[PDB]
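Drug bound: Taxol. Macromolecule: Tubulin beta-2B chain.
Every chain is numbered from 1 and lettered A, B, ... according to where its sequence line falls, protein lines coming before strand lines. Whatever order the structure lists ligands and atoms in, that order sets their numbers, starting from 1. Values below: all heavy atoms of this structure, side chains included; hydrogens, waters and symmetry mates excluded.
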Amino acid sequence: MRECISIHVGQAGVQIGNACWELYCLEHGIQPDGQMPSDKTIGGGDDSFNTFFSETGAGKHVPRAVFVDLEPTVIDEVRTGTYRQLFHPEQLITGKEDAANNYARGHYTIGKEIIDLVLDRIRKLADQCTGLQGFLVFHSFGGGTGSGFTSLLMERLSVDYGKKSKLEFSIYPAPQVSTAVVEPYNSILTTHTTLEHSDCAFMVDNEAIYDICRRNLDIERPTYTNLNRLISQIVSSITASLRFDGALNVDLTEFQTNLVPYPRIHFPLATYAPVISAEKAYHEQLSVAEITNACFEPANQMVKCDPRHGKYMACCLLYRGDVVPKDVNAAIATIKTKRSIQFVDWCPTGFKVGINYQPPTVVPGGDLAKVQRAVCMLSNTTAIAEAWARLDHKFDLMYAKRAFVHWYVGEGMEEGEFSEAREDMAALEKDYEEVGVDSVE
Amino acid sequence: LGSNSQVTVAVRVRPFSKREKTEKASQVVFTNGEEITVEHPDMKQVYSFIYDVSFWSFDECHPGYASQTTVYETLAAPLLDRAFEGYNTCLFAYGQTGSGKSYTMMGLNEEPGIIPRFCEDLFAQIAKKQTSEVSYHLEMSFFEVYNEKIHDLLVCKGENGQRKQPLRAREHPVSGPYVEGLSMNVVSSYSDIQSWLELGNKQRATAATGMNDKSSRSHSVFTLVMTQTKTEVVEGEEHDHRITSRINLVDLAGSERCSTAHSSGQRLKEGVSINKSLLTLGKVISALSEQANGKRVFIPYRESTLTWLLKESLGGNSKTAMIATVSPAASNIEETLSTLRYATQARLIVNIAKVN
Amino acid sequence: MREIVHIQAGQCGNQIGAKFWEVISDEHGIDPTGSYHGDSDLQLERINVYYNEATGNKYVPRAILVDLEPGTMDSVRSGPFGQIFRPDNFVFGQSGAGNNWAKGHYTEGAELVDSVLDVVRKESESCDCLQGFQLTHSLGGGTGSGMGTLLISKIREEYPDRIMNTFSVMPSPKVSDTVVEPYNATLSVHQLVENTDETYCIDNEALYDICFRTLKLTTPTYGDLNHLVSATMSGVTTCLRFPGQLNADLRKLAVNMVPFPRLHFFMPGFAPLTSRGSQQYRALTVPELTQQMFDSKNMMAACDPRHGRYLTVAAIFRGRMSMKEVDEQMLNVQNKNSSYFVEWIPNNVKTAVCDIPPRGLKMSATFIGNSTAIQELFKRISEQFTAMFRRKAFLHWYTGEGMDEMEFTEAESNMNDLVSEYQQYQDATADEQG
Ligand SMILES: CC(=O)O[C@H]1C(=O)[C@@]2(C)[C@H]([C@H](OC(=O)c3ccccc3)[C@]3(O)C[C@H](OC(=O)[C@H](O)[C@@H](NC(=O)c4ccccc4)c4ccccc4)C(C)=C1C3(C)C)[C@]1(OC(C)=O)CO[C@@H]1C[C@@H]2O
Ligand SMILES: Nc1nc2c(ncn2[C@@H]2O[C@H](COP(=O)(O)OP(=O)(O)OP(=O)(O)O)[C@@H](O)[C@H]2O)c(=O)[nH]1
Ligand SMILES: Nc1nc2c(ncn2[C@@H]2O[C@H](COP(=O)(O)OP(=O)(O)O)[C@@H](O)[C@H]2O)c(=O)[nH]1
Ligand SMILES: Nc1ncnc2c1ncn2[C@@H]1O[C@H](COP(=O)(O)OP(=O)(O)O)[C@@H](O)[C@H]1O
Ligand SMILES: [Mg+2]
Ligand SMILES: [Mg+2]
């Protein structure tokens with residue numbers, strides 16, 4: 001059967017992963033001990049879905065996952081948690097010390113000693129898979145592990161595995177909020193090393209989700225646990241058709257094809273519209289038109305950028321639940337009638353549609369309401385260039401004075417590596433500009 | 001006082017190397033005189049840079065082949081006239097790993113560099129005017145920067161498992177920075193300084209890496225001191241007034257990216273230190289370039305030993321010259337460009353040289 | 001897996017350590033006989049960071065006590081938490097330094113440092129992966145300055161790929177407690193600027209102002225000053241011992257706080273602090289803690305940040321908090337007070353959060369700042385220094401022990417160069433086009 005491997009690098013990746021595996025265990029009926037109770041009524045089957053969980057003869061389901069942080073805290077919170085008996089004991093704390101928010105430590109000093117083991121475990125997993133269809137890498141531009149180790153890992157995987165869809169889910173650095181003084185450097189170096197290996201990087205920002213949880217869910221003091229549970233749903237919307245049945249199923253390659261026109265503009269943004277409290281779950285219809293328009297509101301985007309300052313190169317709308325195709329046809333027509341939503345002249349067919357019959361699950365203790373309809377929008381737009389520009393400018397403001405560089409050079413790096421990276425990003429900005437120029441004979 | 005100089009700039013291009021012939025790389029560096037033009041392989045753009053002198057040693061067939069002795073008589077001989085005039089002098093290289101630096105300053109047995117030519121030419125220059133009116137005195141040392149530590153290379157050693165003795169830097173409130181315990185040995189003939197030199201280079205730290213089979217794991221500074229006693233018209237004691245000139249000839253290490261030339265263990269540590277040192281040097285040049293733009297800037301010298309001992313040899317009181325080295329292969333674009341940019345910056349540094 | 005060695009040199013060091021271990025034990029649940037009598041199980045997950053198991057579920061500190069006067073060691077033994085230390089780690093002599101850096105560095109310390117280094121090697125080799133060192137030492141006297149800096153140099157030579165941190169009580173502006181403070185401080189700075197990675201500068205007058213204004217204490221002993229310093233020491237290394245939402249360690253702080261290597265002198269601070277009566281009139285939230293953190297009247301450094309610009313600040317929060325309010329509040333501090341920050345660093349604030357707060361507080365916060373105002377300290381010393389050194393006021397007690405004047409000039413030059421490196425970044429000039 002079809003199988004995908006998730007690699008949760010870093011603190012951020014692991015937290016997103018814990019949320020995601022909570023969600024998947026709830027969706028499929030698995031308990032934190034790995035033991036499904038209702039297979040006694042099924043007698044085998046495939047509802048213990050092989051896209052994520054491998055099954056033993058003893059009735060234990062083990063996720064196809066790998067966890068790396070290069071520090072012992074976060075995974076030790078798993079070994080001593082509710083899901084300590086689910087994951088294989090090969091969760092990889094070989095991290096006697098961390099990367100100190102230095103890509104150089106994450107890619108060379110401690111990039112090595114640990115990656116051989118990571119790759120051996122991935123090899124063991126993939127040998128257990130018949131139809132391996134892609135990788136999902138959860139990480140963060142901003143740190144060292146989630147930047148350098150992810151870069152190195154993608155490099156090795158593009159050698160050992162090759163033409164397998166390597167999708168990424170990355171925390172993008174925000175314009176105002178930032179938990180570190182050296183995120184621009186790391187982000188730029190990571191996008192330099194990854195952009196020749198990744199196929200589609202789904203970018204999120206935390207300011208956006210804070211504003212969403214405030215305006216819509218009405219949480220005035222949210223934390224990361226309240227955030228990642230949204231991100232999980234996005235993955236559950238991307239990975240639905242590989243598990244459940246539907247009318248328009250979307251395999252992973254369909255993203256890589258439809259959202260990536262040119263091989264360097266594979267940076268689409270994620271969006272989830274019906275983010276409503278149980279209070280506002282009443283008072284509202286929650287029809288396809290409402291959700292599909294909410295997905296296009298700039299205030300409900302999960303990346304702090306305005307599509308109105310740019311153009312849409314593509315959009316993939318993945319629906320879940322009591323959804324009829326006519327409603328989607330009508331909705332996309334209403335959007336194409338609206339003038340604030342401008343598309344490129346070279347994409348008259350700009351919409352991809354997917355409909356699954358399985359509605360989302362409500363995680364116990366969560367902030368989201370039970371719904372009959374859910375929608376995830378993955379949109380490739382020219383706006384994010386502005387975001388990139390911001391990062392590049394920050395880089396300049398420090399690289400002019402060579403600040404924080406002796407920590408990188410001091411851990412195995414040449415200074416030229418910086419300049420190189422910047423140039424690539426500049427080119428990328430130009431490439432974005434080049435795809436906004438309307439065509440003339 | 002009252003002098004106003006410039007830190008001069010020479011730029012060499014080496015031939016195609018073995019790796020560069022194994023992988024058939026094309027030509028990207030071109031010379032049209034003192035102007036040098038480098039354009040990318042993808043025909044992106046063309047950068048061109050103005051310099052004081054250029055040296056196209058690519059192929060022996062070209063016109064204006066800039067061999068060793070041309071580089072010498074264009075750089076050292078002027079600097080030698082300044083050293084005899086009563087100035088201190090410095091000549092320091094810069095470039096990539098394998099870019100052709102130690103081939104220039106010191107050189108190989110059958111094609112010597114500036115060092116075995118500078119020393120011999122000043123010996124000869126003394127031989128033509130060593131009167132009993134004016135007498136001369138020569139001493140020297142030849143020291144090494146390796147892993148933040150100073151070493152003396154002109155030191156005969158016994159057989160040991162632990163024999164490499166690191167010295168210290170100190171700051172004299174007038175003379176400036178200097179080294180504690182640097183054996184300055186008298187050198188009255190060319191055979192003497194040759195024996196010293198071959199005692200030194202055989203002690204310099206080297207190792208085989210991907211880009212060079214005999215690479216330089218260190219920086220090397222060649223300290224040749226020349227005093228000359230002269231008489232002015234006084235009926236008392238004559239042979240009374242001294243004029244000193246300290247010569248500092250500097251060959252640096254490379255940049256050492258760990259992907260183009262993978263290393264582990266000691267070979268990796270040296271690289272780090274090397275890179276760190278070079279980074280600080282860049283800052284100095286950049287900052288001193290800003291001093292030519294009248295801006296208030298603080299020059300970081302103390303972050304490394306190289307930029308600390310050569311403080312007076314970048315600003316201060318000495319006439320200084322830079323030698324950038326580059327490669328014609330289309331691979332080394334970013335390193336070449338960083339080199340040429342640092343040279344363009346160093347071109348603009350002024351220096352107030354003292355007459356001794 | 002992330003272990004720290006503690007070294008204590010002098011009265012100030014030993015007395016702060018006696019309080020620091022008294023605090024870490026209270027956090028981890030160790031009693032004065034080395035035994036664990038705590039409630040939570042997270043206290044033992046990372047006990048290795050500061051302690052070692054011995055035989056019977058007894059936990060012995062990874063400390064080293066150093067002095068050249070027995071009276072400070074007996075005080076530890078004849079104390080509440082004295083019987084937990086390894087007695088073979090008390091390395092003391094007799095006939096101390098005499099307020100002389102020379103005696104502690106070259107003459108007497110040279111005859112005792114080898115023992116300290118033996119203990120250091122023994123305690124380091126027992127580590128799975130050592131992160132760094134931790135010296136509490138006064139400068140203004142001898143031993144703490146000289147013997148301290150000597151140990152620092154030798155550890156940096158032996159262990160250069162690790163972190164070397166110092167919590168240093170610098171001289172005060174108004175009142176002196178030793179007449180030869182300037183020389184000793186300048187020389188200890190000459191030694192620290194070149195060997196440390198992050199040093200925390202403390203001043204007793206700032207802590208007196210804290211005890212008087214905020215805490216409303218009228219008779220503050222040194223156990224109260226050290227009580228504030230231990231709070232800070234604990235907070236710096238909180239995200240190695242306990243778990244959090246966004247972790248940090250000494251290396252991550254250093255990378256995010258030292259742009260250029262030499263400017264590793266920091267202002268510490270800790271929130272919340274209030275008088276015993278004024279805790280019922282105050283809500284403990286992230287806003288109040290931030291208002292107290294960035295207040296000039298809560299720093300221990302005796303240097304007003306309003307006379308400079310923060311190069312880079314760091315906030316290590318402890319408790320159950322929302323990251324939204326942290327990031328919002330730090331952004332608001334950067335925007336409302338834009339002039340007291342630098343433009344060529346977009347975000348000057350590092351954040352860290354641990355979920356396990358202190359024993360009696362719902363939340364706490366530690367503050368590490370790197371600002372140019374630190375110059376106002378060193379400049380002062382330099383002035384004092386030359387005012388003595390121009391006359392050779394107290395030098396023969398230093399030359400008699402095997403020193404020279406070149407060392408003094410070197411130290412003065414290094415300090416003034418550092419002052420200029422701090423000065424260049426506080427003039428908020430505008431470029432030609434930007
Ligand atoms: C129950 C209660 O509400 O009383 C509080 C209290 O009134 C206040 C004033 C406490 C009190 O502390 C002081 O008054 C004080 C006196 C001199 C110097 C420094 C502090 C307190 O004594 C201190 C004590 O704080 C702690 O216990 C922390 O765990 C502290 N550890 C120790 O105090 C300690 C020291 C030696 C042995 C055992 C524990 C700590 C601080 C930072 C990092 C780790 C631990 C607490 C909550 C209080 C009292 C008891 C009144 C404060 O303590 C600190 C450092 O946060 C002082 O300001 C806070 C605010 C608290 O409201
Ligand atoms: N959305 C989200 N972002 C997180 C979470 N945890 C951390 N981050 C982001 O991650 C960034 C910090 O980088 P990390 O991912 O923690 O880097 P790291 O993987 O820990 O690598 P090291 O620096 O070596 O520890 C911050 O800017 C946060 O915004 C999380 O749980 N959810
Ligand atoms: N904060 C604080 N500082 C102290 C304390 N005790 C001493 N100091 C400072 O440390 C210095 C003592 O120097 P010390 O090393 O003990 O001199 P020595 O005994 O000759 O080695 C004094 O100058 C004080 O400023 C204390 O309990 N707390
Ligand atoms: N113009 C040239 N003609 C022939 N060989 C050259 C020339 N320039 C450099 N080389 C060769 O390049 C090699 C390495 O150059 P060198 O500067 O010694 O490297 P490094 O800078 O690592 O010491 C030497 O073996 C030398 O023979
Ligand atoms: Mg981390
Ligand atoms: Mg060489």
For this session: Point out each ligand or chain corresponding to Taxol.
Result: ligand 1
Exercise. Taking 4.0 Å as the heavy-atom contact limit, which other chains touch Taxol?
Worked result: C
Exercise. Source organism for chain C according to the entry?
Worked result: Sus scrofa
For this session: Please list the residues near Taxol, using 4.0 Å as the heavy-atom limit.
Result: C:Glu22, C:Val23, C:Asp26, C:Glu27, C:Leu215, C:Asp224, C:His227, C:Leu228, C:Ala231, C:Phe270, C:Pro272, C:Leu273, C:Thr274, C:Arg276, C:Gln279, C:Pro358, C:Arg359, C:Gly360, C:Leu361
